[PDB]
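Every chain is numbered from 1, with letters handed out A, B, ... down the list of sequences. Whatever order the structure lists ligands and atoms in, that order sets their numbers, starting from 1. These numbers come from the heavy atoms of this one structure, side chains and all, not from hydrogens, waters or symmetry mates. Displayed portion only: the contact tally does not extend beyond what is shown.
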Amino acid sequence: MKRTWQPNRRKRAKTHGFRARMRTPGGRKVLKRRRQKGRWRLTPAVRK
Amino acid sequence: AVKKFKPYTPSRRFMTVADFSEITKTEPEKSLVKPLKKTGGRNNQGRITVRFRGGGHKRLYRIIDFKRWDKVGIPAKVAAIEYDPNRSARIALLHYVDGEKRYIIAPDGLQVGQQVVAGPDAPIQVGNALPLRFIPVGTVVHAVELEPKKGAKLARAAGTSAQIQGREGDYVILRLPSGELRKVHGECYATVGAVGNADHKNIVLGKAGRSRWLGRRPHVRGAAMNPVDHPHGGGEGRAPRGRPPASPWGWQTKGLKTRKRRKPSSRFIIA
RNA sequence: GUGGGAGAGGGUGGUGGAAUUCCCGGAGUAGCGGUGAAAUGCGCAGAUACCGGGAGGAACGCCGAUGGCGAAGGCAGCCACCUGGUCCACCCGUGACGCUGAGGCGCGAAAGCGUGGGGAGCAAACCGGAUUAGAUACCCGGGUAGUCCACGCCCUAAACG
RNA sequence: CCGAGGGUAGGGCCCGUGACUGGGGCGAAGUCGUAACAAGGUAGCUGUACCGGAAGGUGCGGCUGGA
RNA sequence: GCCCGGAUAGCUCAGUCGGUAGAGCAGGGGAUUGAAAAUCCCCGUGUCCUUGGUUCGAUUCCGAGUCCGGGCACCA
RNA sequence: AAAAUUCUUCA
RNA sequence: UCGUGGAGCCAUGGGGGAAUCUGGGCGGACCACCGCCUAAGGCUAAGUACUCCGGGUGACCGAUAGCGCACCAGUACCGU
RNA sequence: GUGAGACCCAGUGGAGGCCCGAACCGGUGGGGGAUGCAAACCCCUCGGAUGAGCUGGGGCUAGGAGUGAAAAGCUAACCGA
RNA sequence: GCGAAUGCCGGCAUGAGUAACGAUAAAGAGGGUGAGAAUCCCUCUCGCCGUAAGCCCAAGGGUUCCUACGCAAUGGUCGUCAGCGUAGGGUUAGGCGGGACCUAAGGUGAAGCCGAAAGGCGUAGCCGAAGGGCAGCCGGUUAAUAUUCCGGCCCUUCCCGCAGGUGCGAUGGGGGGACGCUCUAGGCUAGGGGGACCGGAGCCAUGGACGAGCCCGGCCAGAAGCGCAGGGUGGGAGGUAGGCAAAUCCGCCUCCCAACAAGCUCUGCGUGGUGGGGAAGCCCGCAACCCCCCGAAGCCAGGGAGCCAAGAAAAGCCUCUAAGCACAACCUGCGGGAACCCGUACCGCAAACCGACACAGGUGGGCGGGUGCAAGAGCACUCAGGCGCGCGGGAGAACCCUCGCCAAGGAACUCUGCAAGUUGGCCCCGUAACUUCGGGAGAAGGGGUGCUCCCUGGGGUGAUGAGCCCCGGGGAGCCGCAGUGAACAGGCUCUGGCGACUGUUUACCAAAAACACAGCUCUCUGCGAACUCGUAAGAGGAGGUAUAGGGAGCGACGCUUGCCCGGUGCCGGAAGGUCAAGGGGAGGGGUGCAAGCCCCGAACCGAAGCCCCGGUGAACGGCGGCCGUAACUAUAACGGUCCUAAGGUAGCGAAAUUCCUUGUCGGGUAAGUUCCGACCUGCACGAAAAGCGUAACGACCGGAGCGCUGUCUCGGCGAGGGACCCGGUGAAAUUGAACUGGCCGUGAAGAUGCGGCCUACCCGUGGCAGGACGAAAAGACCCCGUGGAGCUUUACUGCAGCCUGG
RNA sequence: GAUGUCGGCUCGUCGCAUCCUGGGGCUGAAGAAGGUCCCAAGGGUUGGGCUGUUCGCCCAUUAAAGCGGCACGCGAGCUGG
Ligand SMILES: NC[C@@H]1O[C@H](O[C@H]2[C@@H](O)[C@H](O[C@@H]3[C@@H](O)[C@H](N)C[C@H](N)[C@H]3O[C@H]3O[C@H](CO)[C@@H](O)[C@H](O)[C@H]3N)O[C@@H]2CO)[C@H](N)[C@@H](O)[C@@H]1O
Ligand SMILES: [Mg+2]
Ligand SMILES: [Mg+2]
Ligand SMILES: [Mg+2]
Ligand SMILES: [Mg+2]
Ligand SMILES: [Mg+2]
Ligand SMILES: [Mg+2]
Ligand SMILES: [Mg+2]
Ligand SMILES: [Mg+2]
Ligand SMILES: [Mg+2]
Ligand SMILES: [Mg+2]
Ligand SMILES: [Mg+2]
Ligand SMILES: [Mg+2]
Ligand SMILES: [Mg+2]
Ligand SMILES: [Mg+2]
Ligand SMILES: [Mg+2]
Ligand SMILES: [Mg+2]
Ligand SMILES: [Mg+2]
Ligand SMILES: [Mg+2]
Ligand SMILES: [Mg+2]
Ligand SMILES: [Mg+2]
Ligand SMILES: [Mg+2]
Ligand SMILES: [Mg+2]
Ligand SMILES: [Mg+2]
Ligand SMILES: [Mg+2]
Ligand SMILES: [Mg+2]
Ligand SMILES: [Mg+2]
Ligand SMILES: [Mg+2]
Ligand SMILES: [Mg+2]
Ligand SMILES: [Mg+2]
Ligand SMILES: [Mg+2]
Ligand SMILES: [Mg+2]
Ligand SMILES: [Mg+2]
Ligand SMILES: [Mg+2]
Ligand SMILES: [Mg+2]
Ligand SMILES: [Mg+2]
Ligand SMILES: [Mg+2]
Ligand SMILES: [Mg+2]
Ligand SMILES: [Mg+2]
Ligand SMILES: [Mg+2]
Ligand SMILES: [Mg+2]
Ligand SMILES: [Mg+2]
Ligand SMILES: [Mg+2]
Ligand SMILES: [Mg+2]
Ligand SMILES: [Mg+2]
Ligand SMILES: [Mg+2]
Ligand SMILES: [Mg+2]
Ligand SMILES: [Mg+2]
Ligand SMILES: [Mg+2]
Ligand SMILES: [Mg+2]
Ligand SMILES: [Mg+2]
Ligand SMILES: [Mg+2]
Ligand SMILES: [Mg+2]
Ligand SMILES: [Mg+2]
Ligand SMILES: [Mg+2]
Ligand SMILES: [Mg+2]
Ligand SMILES: [Mg+2]
Ligand SMILES: [Mg+2]
Ligand SMILES: [Mg+2]
Ligand SMILES: [Mg+2]
Ligand SMILES: [Mg+2]
Ligand SMILES: [Mg+2]
Ligand SMILES: [Mg+2]
Ligand SMILES: [Mg+2]
Ligand SMILES: [Mg+2]
Ligand SMILES: [Mg+2]
Ligand SMILES: [Mg+2]
Ligand SMILES: [Mg+2]
Ligand SMILES: [Mg+2]
Ligand SMILES: [Mg+2]
Ligand SMILES: [Mg+2]
Ligand SMILES: [Mg+2]
Ligand SMILES: [Mg+2]
Ligand SMILES: [Mg+2]
Ligand SMILES: [Mg+2]
Ligand SMILES: [Mg+2]
Ligand SMILES: [Mg+2]
Ligand SMILES: [Mg+2]
Ligand SMILES: [Mg+2]
Ligand SMILES: [Mg+2]
Ligand SMILES: [Mg+2]
Ligand SMILES: [Mg+2]
Ligand SMILES: [Mg+2]
Ligand SMILES: [Mg+2]
Ligand SMILES: [Mg+2]
Ligand SMILES: [Mg+2]
Ligand SMILES: [Mg+2]
Ligand SMILES: [Mg+2]
Ligand SMILES: [Mg+2]
Ligand SMILES: [Mg+2]
Ligand SMILES: [Mg+2]
Ligand SMILES: [Mg+2]
Ligand SMILES: [Mg+2]
Ligand SMILES: [Mg+2]
Ligand SMILES: [Mg+2]
Ligand SMILES: [Mg+2]
Ligand SMILES: [Mg+2]
Ligand SMILES: [Mg+2]
Ligand SMILES: [Mg+2]
Ligand SMILES: [Mg+2]
Ligand SMILES: [Mg+2]
Ligand SMILES: [Mg+2]
Ligand SMILES: [Mg+2]
Ligand SMILES: [Mg+2]
Ligand SMILES: [Mg+2]
Ligand SMILES: [Mg+2]
Ligand SMILES: [Mg+2]
Ligand SMILES: [Mg+2]
Ligand SMILES: [Mg+2]
Ligand SMILES: [Mg+2]
Ligand SMILES: [Mg+2]
Ligand SMILES: [Mg+2]
Ligand SMILES: [Mg+2]
Ligand SMILES: [Mg+2]
Ligand SMILES: [Mg+2]
Ligand SMILES: [Mg+2]
Ligand SMILES: [Mg+2]
Ligand SMILES: [Mg+2]
Ligand SMILES: [Mg+2]
Ligand SMILES: [Mg+2]
Ligand SMILES: [Mg+2]
Ligand SMILES: [Mg+2]
Ligand SMILES: [Mg+2]
Ligand SMILES: [Mg+2]
Ligand SMILES: [Mg+2]
Ligand SMILES: [Mg+2]
Ligand SMILES: [Mg+2]
Ligand SMILES: [Mg+2]
Ligand SMILES: [Mg+2]
Ligand SMILES: [Mg+2]
Ligand SMILES: [Mg+2]
Ligand SMILES: [Mg+2]
Ligand SMILES: [Mg+2]
Ligand SMILES: [Mg+2]
Ligand SMILES: [Mg+2]
Ligand SMILES: [Mg+2]
Ligand SMILES: [Mg+2]
Ligand SMILES: [Mg+2]
Ligand SMILES: [Mg+2]
Ligand SMILES: [Mg+2]
Ligand SMILES: [Mg+2]
Ligand SMILES: [Mg+2]
Ligand SMILES: [Mg+2]
Ligand SMILES: [Mg+2]
Ligand SMILES: [Mg+2]
Ligand SMILES: [Mg+2]
Ligand SMILES: [Mg+2]
Ligand SMILES: [Mg+2]
Ligand SMILES: [Mg+2]
Ligand SMILES: [Mg+2]
Ligand SMILES: [Mg+2]
Ligand SMILES: [Mg+2]
Ligand SMILES: [Mg+2]
Ligand SMILES: [Mg+2]
Ligand SMILES: [Mg+2]
Ligand SMILES: [Mg+2]
Ligand SMILES: [Mg+2]
Ligand SMILES: [Mg+2]
Ligand SMILES: [Mg+2]
Ligand SMILES: [Mg+2]
Ligand SMILES: [Mg+2]
Ligand SMILES: [Mg+2]
Ligand SMILES: [Mg+2]
Ligand SMILES: [Mg+2]
Ligand SMILES: [Mg+2]
Ligand SMILES: [Mg+2]
Ligand SMILES: [Mg+2]
Ligand SMILES: [Mg+2]
Ligand SMILES: [Mg+2]
Ligand SMILES: [Mg+2]
Ligand SMILES: [Mg+2]
Ligand SMILES: [Mg+2]
Ligand SMILES: [Mg+2]
Ligand SMILES: [Mg+2]
Ligand SMILES: [Mg+2]
Ligand SMILES: [Mg+2]
Ligand SMILES: [Mg+2]
Ligand SMILES: [Mg+2]
Ligand SMILES: [Mg+2]
Ligand SMILES: [Mg+2]
Ligand SMILES: [Mg+2]
Ligand SMILES: [Mg+2]
Ligand SMILES: [Mg+2]
């Protein structure tokens, strides 16, 4: 039956996008942390 | 008069609709004036703040004139009386000799073809709006302003109307639709006559829907929820509140007077 | 038919003044009320009594009768519109077209019911105070429906001459 | 083919009987009050309405077969 | 089975602090009536449940009991 | 205008 | 150090509201002496802290230890 | 049909949280399954199906908060926080 | 310094060659290939789907597409095969879809407002799409792309020039774009069915047929013009207080003309110069393209009618004028040029998406042929097309699963007819109580159904007459056990309880009597409303205004809804009592030689709240007890008395409530702790936590009947999928170590393990489940911990909020 | 750091304090019936109504419709009222 993960490119970006992270002081601190740690991807990568 | 249906289905037995002959004429709203995307939404910036609203047939809005003093002296012919979905009353479209058109919550009695106007000089007859001071004590008037130049705000619901009780200073007394006696300025306008379509109070929704088409979602009783949801809530199987009638926010709901005491708007009331 | 007459006959709209109750205002003070006697009850938080203004509902004093009109029920302030019945006068017209009337249809006090409105007074029930052997009553103090209007029902009566 | 009749199903009128229940009639001297007949000691009656152990009381209107 | 509450005149119920005990109703006797009611005068009544103990004295304060009452007996 | 209830049975 | 305490001192949201050296604050309520100090404007190196970074040491580890990674690791992989 | 009505017949008409019934949305009873085909499935049967209907896409509301035809249900496979 | 921590990381064991190998749609053979094939390729039989298990498109997935080499691993077996490994190829657009267009919710956000910071609101504007707007149809090619390349026919924008027209000209004004649901008319088209007619390779089989035989196919696109369907639409001429007057455009008045029109326009469909395609068939290569009929849910489209709940925006596009400009500039024709960016493979109800898997699950839109069954997207079969589900071969035990049948009986089964059976469609007769007059109703209970021949009535289409279809009517007669001959396809009734009803809910044990519901009542709220969210600004309420909005209980409808304001809550009380700051300072204290400077501080004046007074029940709530009495006894209409704020009215009653209880009668039954009707000493009904009823409705719960049955007496047989055997692949929880017998004892009280005795050669396979206090989960009950959380309140203490004096 | 809990079903097996059927002593045993006590389980020990019921109470029979234990025997056997 419908499972929790229903892929949608737009949603995925509109939600966890880079621009999206940047708007919120909280998301800003997310990218802050990610870069810090060493993550190769800061934003969940996707392409159109 | 109100249409009645044979019980060829339950609820349809108790169902009744309004007689639409008063309006029978021009069903399609005037492309100008009324045209106004009306935004639906049961909440503000985020959360809901008026429970149980939602759904309900798409409704187009119609802008009406609640301050006929715009066109003082300019008379108009009542072009037609149409149905307004966004209110209990029926509005009436009227072309002015000027050309400009606009709606007016149609008063009880007003008929298509009748001429009407607004102003001091204005004759005392159903449909003409005047400043209170120039209106015959005792006459019934509706769509009464409440403060000079601030627009109509009283007696606008179908069948409502207030009566001029007397003058006194620059003010005049009015017994409002609720029965309260309020002093209102003399310069305050109001259109003569009663609101009309008084049959309204008699339509019987009939089914559970219908009540839905009107945009009102199912409303659930306090004691049906639980301790956390409401204060009546909880109780091992059916129970008498627990005392004393309260709301989901927890304020007494049987008799506890709510209007602000120190409101400067008193001194002008009595009832 | 023509011409005149009397009437609370009926329906609608408008309207007048007196009175009661309530509201505001003044002035005023120790009781008012009610009764067979009282008590309950209202009153020093200022009542009753008096004056001025306002609201509202119901009923129309005198005229008024042992009177009038209506088929009956019933119908009374005033005004206007719509409308029924009726009496006399003239012998003009029709030419027996009449009487009654099972059934049907209509009307039908009050009380009662429905939808909504209205609510001053009165007032079943109900609550007090008395009386009483008791008093689910007669008397007193309160009091709801009702009484009121519109629409629809009900269709009974000592609807009696 | 029709057909006495039998079978199945569904209706109508009718009589009897039934835990129990509602009044009713009648039966010398049981109980409680006393509504009516004399303003019957609140004039009586009456249609309807509600209430009460019971007659009955009160409301509204009507009658006089009361003054 | 456990925890509660009483009981007093013929009846329904008051009261006590440890000294006294009451009322209403009933009832007995007269009065009014022609006679009953009603009403009016007069009047008598108590092991304060039994029970031991304390105390100078107990209906009353303790201990045991009888009766008539009411209230709990849950998690399984 | 009245404070006030009643009277076994059969003759 | 100060928890209303005999509670000053330093700040200050509210109200009231001065003076310019006979001015004005302080010395633990408050007075009196005696003494200290100059508010309502600003700047000021050094001594001090830390270790992304470079070096040097180690009665530090030696691939289940030592950093999570001695290796193409914040990867593979898990999670929206 | 009556004074006029009400009302009564047919015919036309095509209303309705109406009916059977798919697609579709559900999830009644029983059976199986229970290291499954499956972290809720399959079979037979059953509720609704012009509505308070179902559904695609685009949006908004969240942790003592949301949302709730109300179960303390749901809020990314265990929500009295 | 390890042996234990259900310890941690790793490795390897046991169960075990065991379960299992993922739909019971199904296979067989012959050719190839190759080291090796049930499993790869080819052919021929066979079975499965065919509102698909087939085609097309979104989303998502991202090379899985195509070709050549390949087989370690991946694939539940095998593998030469592959969605797998290596390598090389492959995605072509002015017209398709997005962007150099529009706006929606919402987002963002100049200004502007707010907030300790972070930030929150927020006008214009901007962003934002399956909505609006916008120009491509039919073929042909590749191993792999095509509305993209190619062919033919047909278009759209810009730019320039030319010629002829004209007041040209906005981001501004106006029109338009522009809208719901249900039902519908007429033409068309898609699509499909016939043909004796047209075109075809061929075919006479096995008894018959050279046949109006059999089989295959008889279309697609197409400018202008022309037709046939429609859709939109009055022109005039004056005025002109409005369109935030800029207008000759709208809009209003007024009046010549014109009307179920015509004309003007704009689509649809035919037709059209011409281009294209074109089967069954053998060696693999022969072309017609015409005539009838059924016919949309699509088109003409913005058509029509009815209805109440009253049904986006913006741009493009018309039109009006402003600045400006009129050498401009737009408009129409006609030629020339110019025309970018992104996507385009492939999968796409699934093995490529979401479910750790090649997972029996989930996934939006379009096409979805034919025949028959009343219809249909249902059901059976079948086209096109696609599959036989990536382990097989045997055997023919028990046992389980799914499935068929049964003597006599027919619910005796059992908590229960659970389950399964019966019944089942359509046509016709015929249908009760009750009822809100709709319904109950498909009530029940019946009869009919096939095929053949004759006679016969309407309709559409033609043309009135043939065909082709479309509804019937009446007869004769034929064969079966049976005519919806297969498939799909209600068992019926009587009587109670609950809820009126359709509806909603515990995703994953509860679908109900619970929630909701129209409807009734109470209460608040006069507008900058009350109420809600927010520190705020602001927002919802509501671009509403008491016939409206909030809160609360009840819950259609009928008859109704009683008594008690003592306590509590709320409402009303300008008096009193109490009352905090603060006001006021009688009077007192510390100090100073003093003026002073500093403290305490009584009267009285001091709000809300409380006290007090009065109201209030569809506000929280409450709504009694004991003696006595009638001329048989009983019983008690009557009397007395205690207590209260007042003593439970109507109605109902051993009930979803009754303990004593299976009360007690009566009905039903052979028999009835249930059921139905009564009674009433109601442990412990009762009137809007509504009381008593009620037609209709219910996958709701109880009691009965009839019908039919393997539910049962009582079991038997049979089918298929497993189980079993062989070949291939090959797990799991569990597991101190084992060489692991019975009884009577004993033992921490239930011993394979101690004692005594009795049995017992060693080792397996298929079964059964009594024990190993079998596994599983550090018991969910219970208690314990001065553990935790959710909830309550007249627990404590605070806070928001609200009231209030200064 | 779990010994699954009432009743039913299936399958049984055991005790004797025996409900039948066998023997036998008294009897207030005529016969037939019975009563009672002794020996004796070898084998028997029904089908239904009602309730979840064990238990009983009825219905119709019977030679009898025995009492009781095996974790109120038996849920890695079933059922869950
Ligand atoms: N009279 C019969 C009807 O019922 C009622 O009357 C009945 C009763 O009221 C009446 O009862 C009376 C009583 O009132 C009066 N005070 C005492 C008397 N002993 C009784 O009398 C009754 O009972 C006795 C036995 O006890 C019998 O012998 C006698 O016949 C009988 N009538 O007896 C009647 C029975 O017949 C109505 N009042 C009357 O109007 C009506 O018609
Ligand atoms: Mg996942
Ligand atoms: Mg998308
Ligand atoms: Mg991104
Ligand atoms: Mg509700
Ligand atoms: Mg609940
Ligand atoms: Mg509360
Ligand atoms: Mg609460
Ligand atoms: Mg409660
Ligand atoms: Mg309860
Ligand atoms: Mg009064
Ligand atoms: Mg006065
Ligand atoms: Mg005064
Ligand atoms: Mg009159
Ligand atoms: Mg007249
Ligand atoms: Mg003559
Ligand atoms: Mg009448
Ligand atoms: Mg009347
Ligand atoms: Mg009544
Ligand atoms: Mg009534
Ligand atoms: Mg009165
Ligand atoms: Mg007396
Ligand atoms: Mg009237
Ligand atoms: Mg009548
Ligand atoms: Mg008379
Ligand atoms: Mg009788
Ligand atoms: Mg009698
Ligand atoms: Mg009398
Ligand atoms: Mg009398
Ligand atoms: Mg009197
Ligand atoms: Mg009298
Ligand atoms: Mg009478
Ligand atoms: Mg009575
Ligand atoms: Mg009575
Ligand atoms: Mg009585
Ligand atoms: Mg009375
Ligand atoms: Mg009278
Ligand atoms: Mg009369
Ligand atoms: Mg009279
Ligand atoms: Mg008189
Ligand atoms: Mg005595
Ligand atoms: Mg007497
Ligand atoms: Mg006598
Ligand atoms: Mg006597
Ligand atoms: Mg302290
Ligand atoms: Mg200082
Ligand atoms: Mg200082
Ligand atoms: Mg100092
Ligand atoms: Mg200093
Ligand atoms: Mg500095
Ligand atoms: Mg510095
Ligand atoms: Mg490491
Ligand atoms: Mg090593
Ligand atoms: Mg990821
Ligand atoms: Mg007539
Ligand atoms: Mg009709
Ligand atoms: Mg329906
Ligand atoms: Mg199961
Ligand atoms: Mg199982
Ligand atoms: Mg179904
Ligand atoms: Mg249906
Ligand atoms: Mg959505
Ligand atoms: Mg979305
Ligand atoms: Mg939380
Ligand atoms: Mg919901
Ligand atoms: Mg919550
Ligand atoms: Mg160790
Ligand atoms: Mg292993
Ligand atoms: Mg094994
Ligand atoms: Mg095996
Ligand atoms: Mg196997
Ligand atoms: Mg397989
Ligand atoms: Mg070879
Ligand atoms: Mg894609
Ligand atoms: Mg790859
Ligand atoms: Mg090759
Ligand atoms: Mg392999
Ligand atoms: Mg090979
Ligand atoms: Mg491939
Ligand atoms: Mg490959
Ligand atoms: Mg493009
Ligand atoms: Mg560009
Ligand atoms: Mg914003
Ligand atoms: Mg913002
Ligand atoms: Mg855009
Ligand atoms: Mg678009
Ligand atoms: Mg569109
Ligand atoms: Mg579009
Ligand atoms: Mg558009
Ligand atoms: Mg395009
Ligand atoms: Mg084209
Ligand atoms: Mg392809
Ligand atoms: Mg122009
Ligand atoms: Mg425009
Ligand atoms: Mg349009
Ligand atoms: Mg058509
Ligand atoms: Mg065609
Ligand atoms: Mg054909
Ligand atoms: Mg032959
Ligand atoms: Mg065609
Ligand atoms: Mg003009
Ligand atoms: Mg301008
Ligand atoms: Mg053509
Ligand atoms: Mg046709
Ligand atoms: Mg100009
Ligand atoms: Mg070119
Ligand atoms: Mg493609
Ligand atoms: Mg699909
Ligand atoms: Mg996956
Ligand atoms: Mg597979
Ligand atoms: Mg799958
Ligand atoms: Mg789907
Ligand atoms: Mg069919
Ligand atoms: Mg099918
Ligand atoms: Mg059989
Ligand atoms: Mg048989
Ligand atoms: Mg049975
Ligand atoms: Mg049985
Ligand atoms: Mg049973
Ligand atoms: Mg049951
Ligand atoms: Mg069944
Ligand atoms: Mg009848
Ligand atoms: Mg045949
Ligand atoms: Mg069939
Ligand atoms: Mg079926
Ligand atoms: Mg039935
Ligand atoms: Mg229901
Ligand atoms: Mg439905
Ligand atoms: Mg659900
Ligand atoms: Mg559930
Ligand atoms: Mg259900
Ligand atoms: Mg369920
Ligand atoms: Mg708004
Ligand atoms: Mg309200
Ligand atoms: Mg409301
Ligand atoms: Mg309720
Ligand atoms: Mg109810
Ligand atoms: Mg009540
Ligand atoms: Mg009270
Ligand atoms: Mg009170
Ligand atoms: Mg007050
Ligand atoms: Mg003070
Ligand atoms: Mg005060
Ligand atoms: Mg009493
Ligand atoms: Mg006696
Ligand atoms: Mg006696
Ligand atoms: Mg009671
Ligand atoms: Mg009562
Ligand atoms: Mg009873
Ligand atoms: Mg019973
Ligand atoms: Mg009870
Ligand atoms: Mg019982
Ligand atoms: Mg019981
Ligand atoms: Mg019986
Ligand atoms: Mg039962
Ligand atoms: Mg039974
Ligand atoms: Mg019963
Ligand atoms: Mg109750
Ligand atoms: Mg209540
Ligand atoms: Mg009931
Ligand atoms: Mg149901
Ligand atoms: Mg069987
Ligand atoms: Mg088999
Ligand atoms: Mg094997
Ligand atoms: Mg042992
Ligand atoms: Mg050993
Ligand atoms: Mg040993
Ligand atoms: Mg074995
Ligand atoms: Mg075992
Ligand atoms: Mg086993
Ligand atoms: Mg265990
Ligand atoms: Mg534990
Ligand atoms: Mg403690
Ligand atoms: Mg918590
Ligand atoms: Mg406290
Ligand atoms: Mg263990
Ligand atoms: Mg035995
Ligand atoms: Mg046994
Ligand atoms: Mg056991
Ligand atoms: Mg079990
Ligand atoms: Mg066991
Ligand atoms: Mg098991
Ligand atoms: Mg159960």
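Drug at ligand 1 (options paromomycin, fulvestrant, indinavir, telacebec): paromomycin. The chain sharing the greatest contact count with paromomycin is, according to the PDB entry, 16S ribosomal RNA. At a heavy-atom cut-off of 4.0 Å, other chains contacting paromomycin: D. The shell of residues around paromomycin (heavy atoms under 4.0 Å) is D/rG25, D/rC26, D/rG27, D/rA28, D/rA29, D/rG30, D/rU31. The source organism of RNA chain D, per the PDB record, is Thermus thermophilus.
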